[PDB]
Student: 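Sending over a structure with 1-deoxynojirimycin; questions below.
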Amino acid sequence: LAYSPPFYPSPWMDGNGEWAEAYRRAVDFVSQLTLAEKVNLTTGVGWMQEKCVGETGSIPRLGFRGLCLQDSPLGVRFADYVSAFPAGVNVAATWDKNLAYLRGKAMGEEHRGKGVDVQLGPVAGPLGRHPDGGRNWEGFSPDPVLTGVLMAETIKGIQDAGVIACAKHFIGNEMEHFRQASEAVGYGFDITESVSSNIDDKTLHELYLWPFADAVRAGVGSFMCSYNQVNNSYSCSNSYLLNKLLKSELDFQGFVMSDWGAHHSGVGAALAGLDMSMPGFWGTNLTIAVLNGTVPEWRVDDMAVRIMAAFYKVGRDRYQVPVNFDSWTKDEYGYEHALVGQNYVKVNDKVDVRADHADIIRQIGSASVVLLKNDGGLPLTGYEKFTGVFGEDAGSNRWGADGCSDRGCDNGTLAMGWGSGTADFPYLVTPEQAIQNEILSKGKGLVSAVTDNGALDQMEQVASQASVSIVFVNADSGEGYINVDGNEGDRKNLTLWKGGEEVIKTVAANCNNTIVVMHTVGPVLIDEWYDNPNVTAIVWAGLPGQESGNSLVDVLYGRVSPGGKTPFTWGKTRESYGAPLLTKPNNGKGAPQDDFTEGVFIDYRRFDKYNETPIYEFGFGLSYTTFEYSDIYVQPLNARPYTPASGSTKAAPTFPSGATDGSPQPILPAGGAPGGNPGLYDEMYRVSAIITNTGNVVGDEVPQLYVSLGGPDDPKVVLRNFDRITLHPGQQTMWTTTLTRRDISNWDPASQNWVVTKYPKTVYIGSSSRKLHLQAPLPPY
Amino acid sequence: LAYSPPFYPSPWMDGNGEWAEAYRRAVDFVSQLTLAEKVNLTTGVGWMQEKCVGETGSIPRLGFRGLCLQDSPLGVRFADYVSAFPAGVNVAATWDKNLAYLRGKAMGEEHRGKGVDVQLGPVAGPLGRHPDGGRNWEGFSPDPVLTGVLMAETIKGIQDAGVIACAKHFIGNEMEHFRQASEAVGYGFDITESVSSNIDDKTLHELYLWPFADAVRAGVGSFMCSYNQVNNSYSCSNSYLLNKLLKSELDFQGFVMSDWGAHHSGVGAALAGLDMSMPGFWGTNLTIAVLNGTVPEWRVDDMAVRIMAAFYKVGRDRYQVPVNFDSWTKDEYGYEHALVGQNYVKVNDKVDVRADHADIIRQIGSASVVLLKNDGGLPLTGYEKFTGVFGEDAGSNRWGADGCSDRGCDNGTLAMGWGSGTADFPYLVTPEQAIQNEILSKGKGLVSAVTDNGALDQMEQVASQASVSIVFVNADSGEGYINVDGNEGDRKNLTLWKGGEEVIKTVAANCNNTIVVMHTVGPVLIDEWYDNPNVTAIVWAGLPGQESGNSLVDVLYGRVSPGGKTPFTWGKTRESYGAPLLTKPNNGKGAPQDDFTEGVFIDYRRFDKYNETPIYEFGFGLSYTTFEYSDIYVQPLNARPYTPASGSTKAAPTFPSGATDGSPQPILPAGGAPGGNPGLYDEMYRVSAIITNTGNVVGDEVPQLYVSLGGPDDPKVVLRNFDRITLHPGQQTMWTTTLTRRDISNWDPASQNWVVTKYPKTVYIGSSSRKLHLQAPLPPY
Amino acid sequence: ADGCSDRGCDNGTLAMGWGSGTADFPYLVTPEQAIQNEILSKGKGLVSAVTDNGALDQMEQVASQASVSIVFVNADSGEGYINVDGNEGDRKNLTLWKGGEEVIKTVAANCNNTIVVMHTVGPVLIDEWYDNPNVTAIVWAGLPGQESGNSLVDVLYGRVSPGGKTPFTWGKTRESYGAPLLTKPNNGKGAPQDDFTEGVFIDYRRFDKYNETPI
Ligand SMILES: OC[C@H]1NC[C@H](O)[C@@H](O)[C@@H]1O
Ligand SMILES: OC[C@H]1NC[C@H](O)[C@@H](O)[C@@H]1O
Ligand SMILES: [Mg+2]
Ligand SMILES: [Mg+2]
Ligand SMILES: [Mg+2]
Ligand SMILES: [Mg+2]
Ligand SMILES: [Mg+2]
Ligand SMILES: [Mg+2]
C-alpha cells in the first residue's frame, strides 16, 4: 500500500513580506488571549448550531464574535437577496483574468454585506482528473495553469472586497465516490475508510499542487483539507501535505480548516498542520493536550495567529458587520437558548447585497459561451420568420428557480450544479424567455417552445416549419451526498440527460438550420450528432447563473461575438480520457485505492500522448470573425542562476518524531517564500507575436502559449500563458508574455527542487492546444 | 413547566419468586467479572458496528459473546428466510389470548433460530392516545386491559421459546412528531429537545402504565425507555419513571435499555435507573464514575445482574446459538478488519426458521377479520357468475413484496406498516391472487381485478357486470423517520389512501352487491359510504402479514366465520376522538409541551363521556351466526382486606440526594412484588353469564365484561375481561371470570395506592362497549 | 384483463394482440400468479415478483438472492386502427417493449441462473443477450390466452416437456429478414406501390438464399 512519510514539526508563521502587517496585529491580539480563547478560534461550534455553514467559538471578553464561514465558490449559499453567479467552469471558459477578478470582487462584496468572514471557495481541487468527476464544474479546468491563474484572480477579488477566501479541496479529491465512509455506506458500499488518492511527488508538483501554489502566492487567507486520503493518510492529518508541501515548500502563512467532518487523528491533526476543526470534543482534547504537553504551546499559538493573520490580512477588523441572515431558515425571527429561558431574536434582515452584480453575471455568461461549430447558423437576426425552441433545458423549473434543495435536480434550464457549491437564484431568465423577448422586440415572427423532451411529435411538427431551430440539452452533476437519477455526485455516463440526444436527432431530421446549445457541467459524447449537416451551429454555455437566457441571446443574436474556448477536451469516447472512475471498492472493507498512474497525462495531455484526435481540443473555440497569427520572437532575459533556499527559521514563538520540536528548522530547497523559492518566478524569456482581426466584425481571441519541455516523459505541450483580447476589424496587437523559471522546469524528487532539464524546449503560440500557428526554440543559457 | 420529582436510590434486584433461579445464577456469573466486563454488558457496540440492530460488549474471558438485540414486534427484522406475522393491532382484533401466545412462541422460535437474544417487542407504548398516531398498529389497542392481557400473552410466548422479550416504549410515546430533535429538524422544525408528554399520576396509573404492569407480572426480561420526555425529564433518565414506578411500585427485576440514541444524562441515567445504553463514551464514563465514586459499585453490579438474570430467566444459556444472519447486508460473505489485514467471513448462513409458521399467520389473519356490516353480502360461495375485484389494495407491490425499505410505501396490498416494526415477507399472497384461486378452483366464474385506483372507467365497466364486487382500500402509517406522501410517521388525516373512497363510491354506484375490505393501521372516516345500501358488507382486516389473501378468503367464502371485534372506535369525525396531534412546536426552540389533559378518556371512553355515538363502537363485530346473552350472576368472594405493603429492602449488595444510598429502603405502599402489591390481584367477585349460539353455523363470540366504577370522573364503562369462545348451533356455555381488587380500584395520588372508592360499582356483560346486554351491582363488602 | 378496448395496450402479461382479432378474457392467470401457486404448493421457498421494468434496483436486490430468476419480456402489435406507443398496427422496431432488454441484462448480471420467457407477437432482436452465460434458458410462449400462467408453469416445472418449434426465424438484425415495411407513400396522393420483389423468399427462404445464419 502507498505510504505518506512524516514531516514534523508543523511550520509556524514567519510573517515576512506582505504578511508582516497582518502578523504584527495577529500577535498583538493572540498575546492577550487565554489558552481557552485560543482553542475557541480553532473550534467549530457544531453542525447547524449557529447562523453560518460553519462558525468558530467567540471571545466575548474582547468583543470578538466567532468567525462566520459560508459557502459557496459561486455565491452566498442559503442567504436571501443574493446573486447566483456563473460556475467556475464558466470562468475557465472565458480564459479572462479580469472577469475572474471581477466575479471574485462581486462575490466578496455579497459575502461582506451579509457579515461573512470566510467564503468557502474558490476550488482548484477537484482539478478535473476525470471528465465524469461530480464537482469539476465548481473548479475551473483540468489544466493546472488555466485553473491556477483564474484561481489566483478570484482570490484577489474576494479578498480585495474584504472577505477571507478559502482554497479547497486540498488535495486529490478528484471524485465523489468513497470520499466519506458514511456516505459510501448510504449508497450500499461496505467500507470504513475514505478512498486513498495515491499520487507520486512529481505528479503532485507538476499537476494538482500547481494551482494551490498560485493560491498561496495570491495571498489566500485559508485552505480546506479534503475528505479523501493521500497515500493512505487523511488530508487533514497528512503531515507531508500540510507541513511539508503547504507550510514549508509553499510557505503558506494562513490557516488550514478541515472539510466538514473530515476524518483526522484528533489532536494528532494539529501536529500534522491542521489549524481549525469544522464544523465541530476537539476543543477540550486540544486544551488537555496543551496542558499535558502532547501539543506544544507554540503550536496552538501558531494556530491562533494564523487564523487572526488571515482576519487582519483582508481587513475583517474594518469590514466586519453582524451576520444578518440565517442559513437554516428564511424566517425573520427565531428563538435562541439563554442561561435562563429563551430569547426571541431577529435572525434575517433581508439585506439586499445584489447591487449591480447582474451585469457581471450577464457578461461572464456571454463570455463563457464557446462556439464549437458554425456552418452559417450564427448569428441570428431576430427577424427570422419562424423560430422553434426545443428541449426542457430551454424552459423553467416548474418548482421555482430554487425549487430543488441544493439544486439537486435537472428541472428546466441548467444554470448551476448541485451540492454545497450553490446559491439561490434571485430569479432565473430562461432561454425560452430571452428568445421570445428577442423575437417579440424585433421582427415579431412566429416562435414556439417545446420544453418536454418526450414531445417528439410536436418537435417534428414545429421544426418542420422553422426558419431556425434552437435546441437545448444539458448534463448535470454535483456533490456526492445528492443522487439524481443514479448519479451519486459523479456522472454515471457522459450522455446528455433526459433524452437530449433524441431531441437533437428529431429536430435535425426536420430542420436543416438546427442550432444546439449545451448546458453541461463538463464534456458529453457528441460523436453521433455533432457532424450532422443539419446542425448548422453548436455552442457550449455551461452553468451561466441567473442571467442565463439573456447572456446567451446576446451571443446568439450577435451583440457579443463568442470568444470562449473549451477549458476541457471533447473526446470521441469515454475511453479517450483514460481509465474510468473507481466506483467499486478494491481493498475489501478498507480504504479504496485510487492510483493516479496516468501522472500528468489528464485531459488534452492524454489525447496528445496517445496521438488521439479529439472532436474539439482543449483551447478550441470559434468566433464571428477570423484572426491571424504572425512573427513570433523569443527574447532571452539572461536571468540570474537559480539558488536553492538556505538558512533556518526562527524558533517557534509563544505569545511522533519531531512533532514537538520548536527549534530553528532548515528551509527546504524549493521553499523560502509563499508559492515557493522566489527564484522560481524569475522571468527567463519574453515571447511576443502579432494578432490581427482579418474579418468583418469585432471579436475576442484567446491566444495561447504552449511549451514543449522536451523530455521523454513530458507532454508534447503544456499551457503556460494566455490572454483574452478584443480586436476590431483590421485591428492588430502585439501579444507579449514572459516564461518564468517554474514555467520551463520539472520537479526532481531526488533533489526536491524544480530543475530546468537539458532537453531543448520549444514555445508555441496558437489559437488552441492543436492549432499551434507559431513556434520558436527557447535558446539555452 | 410540568416537573418530574426525583426518586433515588435506583432499586436493586430482589430475585424472589419466579426470578430466584435467574438471580442466583446471575450473581454467580457477575461475581466473577472485572469492572470493565460488567460495564461491557451495559454498553452497545455502536450503530451498525456488528450483526444485530443492537449488540452489547462481550466477555471473551468467559467465552460469553455480546447479546444480540433485534427488531421487531412482528418478526425478525432484516434477516432472510423468516416469516412476516400479522401486526399487533390484528392480534388485538382477535381478542384471543391463545393466539397472542402462539404468535409470541412462533416469533421467539424464529429469533432463537437466528441467534437473537432479545426481541425488541412487544409494544404497549404507544397505547393509542390518537387515532392518527403513526405507530399505534405496532401495539394492540387504546384500551389498557385488552393491550395488557395480549401483551402479557405475547411476552410469555416469546420467553417460553427461549428469547428475551422487551416491553417498549416506556412511556408516553403516543405520537411520532418531535420524538427526537434531530428528526424534527430534518422536517424543518427548530427544536433542540424532544416533546414532553405531560401526564398526571392518576392518568399514568389507570391508563398508560397498566399494560406495562401486566408485562412485568408476565415476567418480561427487559424494558425500553422512550425517546420522549415525561414531565420534562427524558424517559431514559427519568428517576420517577424508572426508579419509582417501574422498579419500586411495579418491582421490575429485569433490565432497562435505552431506545436507539434516546437522550439521557449519561452517567446520570445509570443512577436514575437505566441499565443498558443502545446502540452505544458511556463505557469509559461509567468505568470512571465507579472508580471516582460518583456511581456506586452496587449500581453497576445491579445493572450487570439484571441483564444476566434476564439472560438466565429465559434460558439463553441453553438456547443460544451463533448469530447466523447480518442485519446490514443479504450477502453471504463480507470483509472484516483483523489485527493483520482483513478476513473474508461468512455473514449470512440463510438459516430457514419459518417452520410451519405460515399456518398460525393464516389463522391469526382470519381471526383478526372484523365484520362491521353484513346485509346479506357474506359469505360468498365461489360459484358467483362474475366476481369483480377493485382497488390497488387488492394487488401486488410492483417493486416486489419487500421492494420498499422498512415497508416505507403503500404499493399494492397493505399487510404491514413502516419503520422498525417490520420484517421481510418470504412471499405475499394478495387478495387478487387468493380470490382468483378461490373462483378458479370452484365455480370457475368470471373474475377481473382492476388494481389502479385511477381506472374508474374500468371499475364502472366491470362492476356493472358483476355478481359481487369486492373493493379493497387501505391507510398506512409508521415510525417518524419515514415520510410517505406527507405522513411524517403520524397520519396527516384519517382518509383512505390513493382515492379509496372514490373507488368505493364508483363501484357501489354500479353494483348493488359491493363488499368493502379495509386494510388500515387504525380507524378511517367512513361516514360518507358505510351506510350506502349498495355496500352489502364491510370488513376490517388490518395488517395480516404474508398470508393476507388466504386468511381473507377463508373468511369471505365461509370456511371461517368472522369473530374479531374492532379494538378501537370508528368515529364520524376526527373531532370525535378529541384534540389533534401536536404538530406545531409550542415552547419556542425548547421541548414541545404535550399535555394529556383528557386524562383516561381516550377512544371509547372519550366517545362515552361526550355522548358521541360511534359508527362502530369499541368491541363491536358481527358473525355468520347469532348469539344470545342471559343470566348474569355475581358471587362476592369475601377476599382478605387490602394491606398496604410495608417493610424494607435488603441493603444493596456488591458481587443528587440519595443516588448513592445503598442502605435498606422502605417498600412503597402499592409495591412489594412484580406488577405491584399482590393484594391488588386478589379476586373480589366471580361473574358469570350464559352465551348461546342461536344461529345455524359454528362461530366464535367475544363476550366482554365492563365495569362502571361509579365516580363523576370515572368512564361510564371500562373493559375488565374478555374471552373468545367457539359455539356450535344451539350450544350454550357459562362464561365465568373474576374481578381483581385492581379491576375495581382507582389510583389515589395522596396515599400512593389503589383504592376501592365508595361510589357504587356496576358490572356489565355484553358483545360490545355499547351492547351491554346484562348488568348487576357489585355489592360492597 | 379486459381493461384496454380491443386489447389496445401492453399492460401486464401479454396473452393477446390488439384489434379485431380479439376476445374478452373470462379471467387471466398471470405468470406471477401461477409461479407463486407452484412454489407455495410445493417447497414453499421464498418468492418475489418485481413487475415494474423501471425498478432495476429492486431487481438487482432480489436477483442477487435467488436460486433461479425468471424474467418476462414482451412485444406487441395489432390492427392498424390502433396506435400503441407509435406502433401503428405494424411494429416500428423489433425491440422488446418497456425496456425488457435492460430487465434481462440487470437480472443476468446478478443471477447466474436466469430464465427468460418471451411473450411476443413475432421475432425480436435478441443478439445482445441470448448468448449471455448467465441466461441458462430461453422460451418463447407467444400469446397464450386466458391460461397463460398455468400453461407456462406446466412446462417450466416439468409436467410437460416443451415440444414446440419456432414458426418463424430469429435473425441477428432486422436487415436479416430483407427490406423494411413500406411506411411512407411513394406514389404521391395515389395508391402506394408495394412491390413483392423478393418473391417466395420470405423468412427462412430468404435467410437460406443469402447464407445468413439465424440465431
Ligand atoms: O458545506 C460545507 C462543506 N461541506 C463539504 C464540502 O465538501 C465543502 O466543499 C463544503 O464547503
Ligand atoms: O431499530 C431499533 C429501534 N429504533 C427506534 C425505535 O423507536 C425502536 O422501536 C427500535 O427498536
Ligand atoms: Mg439557529
Ligand atoms: Mg460590485
Ligand atoms: Mg516559512
Ligand atoms: Mg458488518
Ligand atoms: Mg413452530
Ligand atoms: Mg424490589
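Chains: A, B, ... assigned top-down by sequence line. We number chain A the way the PDB entry does; in order, the residues shown are 23-302, 312-686, 736-861. Here chain B follows the PDB entry for its numbers: 23-302, 312-686, 736-861, in order, are the residues you see. So for chain C, numbering is the PDB entry's, and the shown residues are 432-646, in order. We count ligands from 1, going down the list as the structure has it; atoms in each ligand are counted the same way. The entry is not shown in full; contacts are counted within the portion that is.
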Student: Specify the chains or ligands that represent 1-deoxynojirimycin.
Tutor: ligands 1 and 2
Student: Would you let me know which chain has the most contact with 1-deoxynojirimycin (ligand 2), using the name from the PDB entry?
Tutor: beta-glucosidase
Student: Counting only non-hydrogen atoms strictly under 4.0 Å, which other chains reach 1-deoxynojirimycin (ligand 2)?
Tutor: B
Student: Could you walk me through which residues contact 1-deoxynojirimycin (ligand 2), taking a 4.0 Å heavy-atom cut-off?
Tutor: B:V75, B:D93, B:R99, B:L142, B:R157, B:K190, B:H191, B:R201, B:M246, B:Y249, B:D281, B:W282, B:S451, B:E510
Student: What is the nearest protein non-hydrogen atom to atom 9 (O) of 1-deoxynojirimycin (ligand 2), stated with its residue, atom name and distance?
Tutor: B:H191 NE2, 2.7 Å
Student: Need the 1-deoxynojirimycin (ligand 2) atom indices (1-based, order shown) with element for anything under 4.0 Å from a heavy-atom of B:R201.
Tutor: 7 (O)
Student: Return only the organism name the entry records for chain B.
Tutor: Thermoascus aurantiacus
Student: Write out the residue and atom name of the closest protein heavy atom to atom 10 (C) of 1-deoxynojirimycin (ligand 2), then the distance separating them to 0.1 Å.
Tutor: B:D93 OD1, 3.4 Å
Student: Heavy-atom contacts with B:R99 under 4.0 Å: which atoms of 1-deoxynojirimycin (ligand 2) show up? List them by number with element.
Tutor: 1 (O)
Student: I'd like to check which 1-deoxynojirimycin (ligand 2) atoms, numbered from 1 as shown, lie under 4.0 Å from a non-hydrogen atom of B:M246.
Tutor: 11 (O)
Student: Output the list of atoms in 1-deoxynojirimycin (ligand 2) that are nearer than 4.0 Å to some heavy atom of B:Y249, sorted by atom number.
Tutor: 5 (C), 7 (O)
Student: Report yes if some N/O of B:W282 lies less than 3.5 Å from some N/O of 1-deoxynojirimycin (ligand 2); otherwise report no.
Tutor: no
Student: Among protein heavy atoms, which sits nearest to atom 3 (C) of 1-deoxynojirimycin (ligand 2), and what does the distance come to when rounded to 0.1 Å?
Tutor: B:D281 OD1, 3.6 Å
